[PDB]
Every structure is written in C-alpha cells, then in structure tokens.
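Entry below: contains rifabutin.
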Amino acid sequence: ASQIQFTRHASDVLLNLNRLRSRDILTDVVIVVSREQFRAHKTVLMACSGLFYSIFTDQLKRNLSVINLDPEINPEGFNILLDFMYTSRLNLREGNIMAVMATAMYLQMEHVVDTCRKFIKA
Amino acid sequence: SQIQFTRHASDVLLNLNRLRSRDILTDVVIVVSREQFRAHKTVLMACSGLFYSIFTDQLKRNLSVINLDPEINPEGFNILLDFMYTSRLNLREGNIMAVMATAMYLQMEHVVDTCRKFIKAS
Ligand SMILES: CO[C@H]1/C=C/O[C@@]2(C)Oc3c(C)c(O)c4c(c3C2=O)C2=NC3(CCN(CC(C)C)CC3)NC2=C(NC(=O)/C(C)=C\C=C\[C@H](C)[C@H](O)[C@@H](C)[C@@H](O)[C@@H](C)[C@H](OC(C)=O)[C@@H]1C)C4=O
C-alpha cells in the first residue's frame, strides 16, 4: 500500500484555476474596488484571504455575486494581490509597495504583509 | 516578481480541501453508481479533462448533480477526489484496478501512469 504524493499537483491546480479565471469560466463573483470590477472564484479568494474567508463563511453572504470592498482600497494594489492569489507571484516595486501592504493587511494576507516588510529594506 | 512562493499553491489546495469537508461553496454532487460526492466544479475542472469538458458544456454546466458513466466504481472515485484536493494518491491492492479505470475515464493520465508502476511493484 502506497500513499504517493504528487509534488507539483498543487501548483498545477492553481495554474489551471488561473486559466479558468482568464477565460472567465465559473467565476461567480465580482469584487468592486472603488468602481473597477474584478471577476474571481469565491473559493480561491477564501483560500487566500482572511477577509474573504470571513465573508463567505457567512451562509447569508455566501451566494452574493457582488462584493464592494472598502473605498480606501485602491484597485492597483488589489489587482496585484488577486494575481498573487492565483499565481503565487508578487509584483513588488517601490512604486506600489505601500498600496500592496495596506491592501494585504486589509485582506488579512499576513505572509504577503511580511514579505512586503522584508522588501521595504532595500 | 521573479520569485514564486511555491508553498502558496499548497496552502490554497489545503484550504480548498477544508472548504470541501465543511461543505462550504460546494456546488456539485457527483454521482458514482449510487454514491454522492460533494465537490467544487472549479476544482474538478482544474484536475480532470473530463470535468473540464462537462462543466464547459452549457447543457451540463448548470446542474447541481452530475452522473458519471455507470461502470465507474465508487471506491476508485473517492480516491481520485481525495487526490484532487490533497495531492496524495492512496493506493491499495484492494482499490487499484478501479482507481486506474476511474483515472483513465477522468482523463487523468499521470495518475494512470503511477497506478501501472504500483501494479508492477505489487
Ligand atoms: C495545463 O493546461 C492543460 C490542461 C490541464 O487540465 C485541465 C483539466 O484543466 C484545464 C483548464 C484549466 C483549461 O483552461 C482548459 C483545459 C483543461 C484541462 O483539460 C482544456 N482541456 C482540453 C479539454 C479536453 N481535451 C481536448 C479535446 C477533447 C478536444 C484536452 C484539452 N481543452 C482545454 C481548454 N481550452 C482549449 O482547448 C482552447 C480553447 C485552446 C487551447 C489552445 C492551446 C492548444 C493550448 O493552450 C495548449 C498550448 C496547452 O496550453 C493546453 C493543450 C494544455 O495542455 C498541456 C498540458 O499541454 C491544457 C490547457 C482549456 O482552456
């Protein structure tokens, strides 16, 4: 009896999820940041973000197809964090470092916060 | 941005598996013989060519129940489902032929290749 672990499977799935997202397949939510719209899978959001996890665990909010993020959240930093959720890659530049950390703190992605803090420190 | 955080994909899959066991946002029942397996369509689709084709056909895309072909055995399907959500494929001499046959059906060819090696080791 063997329990075989496939070590790039998790990477393969997340990659596929991203492919479904870029074709807009089975995306079941629109996140509204200021007034820009991002389509996403609820399940991915919850799997990465303490905020979205909190929200969608509420059996009431669970079938909401629209979510209005707080208005201090800028769309640029959100889009970067959405890309990270889906790619495990974080586009960090001096120009965006601050908007990314604030958005991450807000989404409760604390490992993203702490790599932003590590970045800050050239 | 050159750096990827490979464990992230693993966190993501770990949390999707959590949602599944809590039955949060599961949106399909897969029916295998007379056995029901709750799941998320996105995850099935990201893991199986067959599921990708089913959930991408508009006549099938919007049903909460999907029946697999009658020949498919429930023990085999349960192992593949666990694999999709954990990356671990649990093979036993008691389950192997049905896992192979079920993985072939689901067009999961790397899992098929690993079953053949186990039978050769057995
Ligand atoms: C890593 O990704 C692979 C599958 C993952 O696994 C699955 C389970 O998750 C998927 C995800 C998340 C997807 O988004 C698609 C598919 C699958 C899976 O199957 C597809 N699967 C088929 C569905 C069933 N058969 C086809 C047959 C029955 C007609 C197999 C593929 N088509 C598929 C699609 N779209 C298309 O075909 C279209 C509109 C265009 C394709 C253009 C080129 C030709 C490709 O892009 C090529 C350069 C390469 O990228 C793919 C061929 C790649 O294959 C690999 C590993 O080289 C898959 C996308 C998809 O968008």
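Chain A corresponds to the first sequence line; subsequent lines are lettered B, C, and so forth. Throughout, chain A uses the PDB entry numbering, with the displayed residues spanning 6-127 in order. By the numbers in the PDB entry, the shown part of chain B spans 7-128. In each ligand, atom 1 is the first atom listed, and ligand 1 is the first ligand listed.
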### Message
Just trying to sort out this structure - which chain has the greatest number of contacts to rifabutin, name per UniProt?
### Response
B-cell lymphoma 6 protein
#### Entry: Chains under 4.0 Å from rifabutin (heavy-atom)
A, B
### Query
Would you say atom 37 (O) of rifabutin touches the protein, meaning some protein heavy atom is under 4.0 Å from it?
no
### Query
Atoms of rifabutin less than 4.0 Å from B:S54 heavy atoms?
8 (C)
### atom 34 (C) of rifabutin touched by protein (heavy atom, under 4.0 Å)
yes
#### Entry: Majority-contact UniProt domain of chain B for rifabutin
BTB
### Message
Mind checking the PDB entry for the source organism of chain B?
### Response
Homo sapiens
### Query
Can you check whether a protein heavy atom sits less than 4.0 angstrom from atom 7 (C) of rifabutin?
yes
### Query
Can you find a protein heavy atom closer to atom 23 (C) of rifabutin than 4.0 Å?
yes
### Task
State whether any protein heavy atom lies less than 4.0 Å from atom 14 (O) of rifabutin.
yes
### Query
When you measure from atom 32 (N) of rifabutin to each heavy atom in B:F57, B:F61, B:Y58, which option holds the nearest one?
B:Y58
### Message
With heavy-atom distances below 4.0 Å as the criterion, list the atoms of rifabutin near A:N21.
### Response
1 (C), 2 (O), 5 (C), 6 (O), 7 (C), 9 (O), 12 (C)
### Task
Please work out whether any backbone atom (N, CA, C, O) or any side-chain heavy atom from C-beta onward of B:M51 is under 4.0 Å from rifabutin, and answer side chain, backbone, both or neither.
backbone
#### Entry: atom 53 (C) of rifabutin touched by protein (heavy atom, under 4.0 Å)
no
### Query
Which residues form the binding site of rifabutin when counting heavy atoms under 4.0 Å?
A:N21, A:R24, A:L25, A:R28, B:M51, B:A52, B:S54, B:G55, B:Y58, B:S59
Under a 3.5 Å threshold, I'd like every N/O contact between rifabutin and protein atoms, with atom names and distance.
from	atom 1	to	atom 2	distance (Å)
rifabutin	6 (O)	A:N21	ND2	3.3
rifabutin	9 (O)	A:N21	ND2	3.2
rifabutin	9 (O)	B:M51	O	3.3
rifabutin	50 (O)	A:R24	NH1	3.3
rifabutin	61 (O)	B:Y58	OH	3.4

